[PDB]
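To find a chain, count down the sequence lines: A is the first, B the second, and so on, and within it residues start at 1. One-based numbering, in listed order, for ligands and for the atoms of each.
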Amino acid sequence: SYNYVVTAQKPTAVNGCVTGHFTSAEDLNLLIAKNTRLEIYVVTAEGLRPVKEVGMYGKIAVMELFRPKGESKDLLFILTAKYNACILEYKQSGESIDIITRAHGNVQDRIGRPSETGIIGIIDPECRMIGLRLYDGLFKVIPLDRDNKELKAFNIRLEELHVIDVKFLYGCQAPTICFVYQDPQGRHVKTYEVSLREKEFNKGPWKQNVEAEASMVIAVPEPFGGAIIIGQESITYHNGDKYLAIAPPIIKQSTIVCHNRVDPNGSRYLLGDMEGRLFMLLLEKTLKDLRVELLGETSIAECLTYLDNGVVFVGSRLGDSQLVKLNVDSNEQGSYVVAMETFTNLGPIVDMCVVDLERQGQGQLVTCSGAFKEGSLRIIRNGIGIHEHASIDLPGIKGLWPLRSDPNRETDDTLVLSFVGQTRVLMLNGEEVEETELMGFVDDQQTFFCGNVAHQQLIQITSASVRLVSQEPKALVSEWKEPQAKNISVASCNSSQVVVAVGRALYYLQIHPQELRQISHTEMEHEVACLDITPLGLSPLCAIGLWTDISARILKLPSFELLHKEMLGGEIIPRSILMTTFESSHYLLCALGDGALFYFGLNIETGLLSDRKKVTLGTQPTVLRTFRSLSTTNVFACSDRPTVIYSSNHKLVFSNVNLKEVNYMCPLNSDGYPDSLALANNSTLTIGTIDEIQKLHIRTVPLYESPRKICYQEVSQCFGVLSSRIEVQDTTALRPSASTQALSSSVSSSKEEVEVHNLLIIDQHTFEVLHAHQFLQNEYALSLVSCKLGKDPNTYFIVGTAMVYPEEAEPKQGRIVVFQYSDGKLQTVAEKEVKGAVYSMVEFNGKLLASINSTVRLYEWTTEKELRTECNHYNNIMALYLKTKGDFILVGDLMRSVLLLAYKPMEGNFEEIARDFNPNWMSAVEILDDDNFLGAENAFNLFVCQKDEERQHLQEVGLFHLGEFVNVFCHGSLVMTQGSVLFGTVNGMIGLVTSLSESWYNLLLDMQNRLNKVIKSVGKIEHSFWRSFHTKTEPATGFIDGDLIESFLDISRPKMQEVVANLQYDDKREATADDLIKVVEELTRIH
Amino acid sequence: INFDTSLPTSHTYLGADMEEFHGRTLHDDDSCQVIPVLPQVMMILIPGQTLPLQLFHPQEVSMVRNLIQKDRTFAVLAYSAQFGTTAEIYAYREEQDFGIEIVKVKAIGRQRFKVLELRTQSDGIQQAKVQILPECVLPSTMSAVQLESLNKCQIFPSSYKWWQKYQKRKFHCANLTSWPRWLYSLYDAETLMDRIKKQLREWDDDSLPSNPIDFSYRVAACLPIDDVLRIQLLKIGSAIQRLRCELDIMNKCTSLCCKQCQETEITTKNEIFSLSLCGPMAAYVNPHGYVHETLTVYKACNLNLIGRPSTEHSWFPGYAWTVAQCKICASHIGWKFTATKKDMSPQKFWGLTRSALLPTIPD
Ligand SMILES: O=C1CC[C@H](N2Cc3c(OCc4ccc(CN5CCOCC5)cc4)cccc3C2=O)C(=O)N1
Ligand SMILES: [Zn+2]
């Protein structure tokens, strides 16, 4: 098996946030860590200015800014989870930005038990050294002698094997570290000093049984000195002979988990609760006492950073991050917190599903995201977005035209709108739209075109006539009518050249001052459908599409004589046709009423249409329309599924536009709406800017409780969501939540903190909670599915459950509840008591498969409307995971034991096919196909078992360090390689897995290696080290880092040429840069 | 109960003046070793398990005597072989009384292995080249997923309400995953060891190994199970899977029967109890050098007692033994033990030999 993994969506969860002077000494920076990503901003009055963002080949585990003696600005120390240490510097060389690596080395020890309080990394305030507590019984020291470019470092044995937190202190004759530890007597604080000179600890200034549950340590700066120690109940200062202590009522509620220093003084600190409380702690003065104020509520903070001007960065892992404003203990109101800005954080993605929501043939991902109030559904859609600036209700718009009403202003001030038998004119002044008359333009006739034309004039082309109007002193200066007064049926005009068409006939007029002169006439072999006349001054040809021969055609400049004449096929007519110019070539596009779009290369001199390709874009008819997007032209295909059409290296691309149907559009360049679009649909005119390239767009739906599983019932037009709110014993809520705020509501009729489970029913379009069904007291909802069973036509939400009692370890009882959502409410259609926890379920060939502890059990759905067992299968593992393909069944436990059962219809029971037991923690599994099984496993790895007598063992074909923790896999794709499996992750990264042909695998593997020679890596970390399956540590196999491959496009033109130097390539021969460019761009369009 | 529960584990019936050796020899993981093989001994030795021996044939007497000079470990093969366990000699006794040669050792199983080669020497003794199997250790289920702000709270102060606060504290980050705290608790060494300790507390009050591996191998030896499951347990490399598998065996398996007849209920789980510090079951050698793993229970049924009580060579000093056989098929199931002094408690009990038994789940 040959797989390709790529990032659809980088991790969003913040796990570190530091400030300092990194970019310049004169700039204040905020650095943010999002697992493998490092964002760098500059703090402003206006907010946060982004500056440089980079990935690492590493999970950022330590991130500290420091300034060693005689350096203009701060340097950044980072240590990864694989013990990659680096010192980094910000390098602006001209108009480009780069993060250069001053030093790097791997600080790992061969023999070492990693500490239970994780990696801790600290730098002394003189910047003599870096301390790393990596392992129990050891303290690693990296001296900061400027010659130490390899980060060579020594260890010192600690006596104390269970260290909790540790800092370096301020104001000491020598570098001194302070730390809480635990031995079988109790929890105490100690200090040592650190001599590089001796590579050893000397005993230090002071010591202390401190609070049972003391956890945090804070180095106080030099105005006082000393250390603050936070616990559950206490906050204790310590120093030589000085000592304070408090236990305010306000924090005994939830534990403090993050802190931050507000001023260099050390007067104030920000404290971070585990549930969102944000406190100040003030050091009152010398050092008299400690006051603690409760400032307000934030998102549940992983880290905090005071930014100055009373603004605070709140980094979160469980919900959105924030900038919040603080207020001083003001004369009128107590010090309080206000949310200034929110940044999206998808993770943790705990479950998701893919839904074709818009009906467009475009998947949308809907995730269960967040926890404990930060809980949320997130709707993730792929596309080009429209930034909307104005909206106008006007139904029945048939056409849009921008127009310059004042000839010595360089900018549109008019929008003209056609309706059935009716024309209307909107004038624009800044952002004020007013319908008005345009003298000379008729209003009781349907316009087919208007706009500016040569010799300082406006033209309007009605069904009745072709009016022509003076820019100055507007009035009619010309009119052209059809000989026997017949209606103009199709119209097309440019700068200086009209080509109307009447029924089967078509005339060709030209625009000259105060006169429109008839030049040609002609007939046509069937009725005329659509015209174009675009210059590529005056255009020497004219495109046509016709009604019966269903055919696109080119014509001559005045004669109207056929130049190419291609038959398009089928029974549906042309709807629009467009001669356009992409890249530096010329094309002809033509659209059918059924949604089909055919494109041809064009030859302006001869007329030769070449290389027909087809594509289908949204089944309603399609109007094509030219616009400018950054010094180049695109095409906007107004339809069911609106679409922009650009050309990336001489092959066209169809980025879809992120809107419900657009019928007509035109570009608009006003003073109030510069470089904009005007879109109309059946009910509304919209005015907006447009994004250049595609992106992922995230709609958020707050639940204010934990969502846990989700599935979609298309017939009901709604989502099932298992959720979980926390009440406290009386039992009452802590806040209003999705389940307590539902329209309709219910509770299951029967057979200190508490969890209460519900099945929410949420509207597909509006995401209103329509109903909230509460399960029993002590009942824990585990699994959810929405399916049809047996001969029954009705569709049901089915939930598996378990009965959790604190006395009981392994649950002895549970339920399989079948529900129907039919009225606004939810009917319990059937229970089924079961002697165990229902961990999983799956619709299985019209029957219900379901794990109950170690048993896999198949149920049929009776006409009596009850669940009846067919067969069973007792395992020697616990069936946590259940996935199927056809009659094949995949079972897994938490410990990476996997089975492969098969149903046998002729035999009535299940049979074992294959198995693999290999002890490791498994978080998710998926069936890639009948033979291959994708899984996620401990230390952020992906792995692939393959199927292929004593061949019921499963071969290990795939290994890869992802760097993310996968909760859910699910088959689907967010676009309109073989297969697509999306996965969601704890940091809110989303990834895609697909499969490759061996040929392609081999090519791309070579190319990774060529790439790794050429691409600068931040901590100088080898890509191979990074992707190595790690816990054992082995090279990755049968997995292509698509992120690596995609980075090819970002390298300079010569680095490409270097990468492809003597690369054998199929069609083999010596390959080009442009050969691989168009391959890699084909690979970007799977996600 | 007031019988000295350490008297059994010292095997005084061998004689109590043996030269001792400070037990410590551990071969490297995945290394290869050439170790001799005890002939004439068929058992599945578990790491940590004490194994007493009596050897007569002068080839056996030789190569032990040699082993005392050089490394003291030997191979104890688990038969149809592929897998076994090393055993280190920690006590030696030469004896030429009654005219005849005897060697008495006390070994202790140490490391599991895979067999590679088995060249049998011209002396008559097999010499097994041997791959030392590593002892699979995994981190906490939470270690990967864990919030770094919540690292600081992972160590706790050391009572069923305590286990709930433990479960809430330890597995809080289960909310990031797609499962509950109560599921992660079912794969938690410490929770699993405590649960096993409760079936151990009703057999009976002590201190046992902190280490999940050591604990798991200790409780493996208490289980009266057939030779084939013993091997299932041994092959399981992960201690967590071993502890869960042991919990299962302990809950499900509740009767014990005569292996030969297949339907004669000798005793129940309710009756199992511990007179050895080792546990309710342990290996003892008889006078002829046959090793018996003997599970002590309070009551037994359908046994016939033949011969008369004897204290000769008794494995439990103070008690005399009477041979017990299956009422139906005559199979030597074990021995009834009976007090010699009238104040000892308990007064009587049955010691039933593992090989003759067969654990069952009812219905
Ligand atoms: O608790 C228990 C339960 C009973 C168990 N016993 C006693 C016993 C015998 O008991 C007779 C006997 C005892 C002692 C000897 C002395 N040797 C020394 C070496 O050279 C041969 C003579 C000979 C025969 C004879 C045969 C087998 C067993 C047997 O399995 C046991 O050992 N301790
Ligand atoms: Zn019998």
**Asked** Looking at ligand 1, which of these is it: pitavastatin, pemetrexed, iberdomide?
**Response** iberdomide
Top contact chain of iberdomide (ligand 1) - most pairs under 4.5 Å, UniProt | Protein cereblon
Check: From which other chains does some heavy atom lie less than 4.0 Å from iberdomide (ligand 1)?
Finding: B
Quiz item: What residues sit within 4.0 Å of iberdomide (ligand 1), counting only heavy atoms?
Solution: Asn286(B), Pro287(B), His288(B), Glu312(B), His313(B), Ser314(B), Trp315(B), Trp321(B), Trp335(B), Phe337(B)
**Item:** Ligands/ions near iberdomide (ligand 1) (< 4.0 Å)
**Value:** none
Item to check | Residue/atom in covalent bond with iberdomide (ligand 1) | outcome: none
Item to complete: Give the UniProt domain of chain B containing most of the residues in contact with iberdomide (ligand 1).
Response: cult
Next item on the list: Name the UniProt (S)-thalidomide-binding residues of chain B with any heavy atom within 4.0 Å of iberdomide (ligand 1).
Entry: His313(B), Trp315(B), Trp321(B)
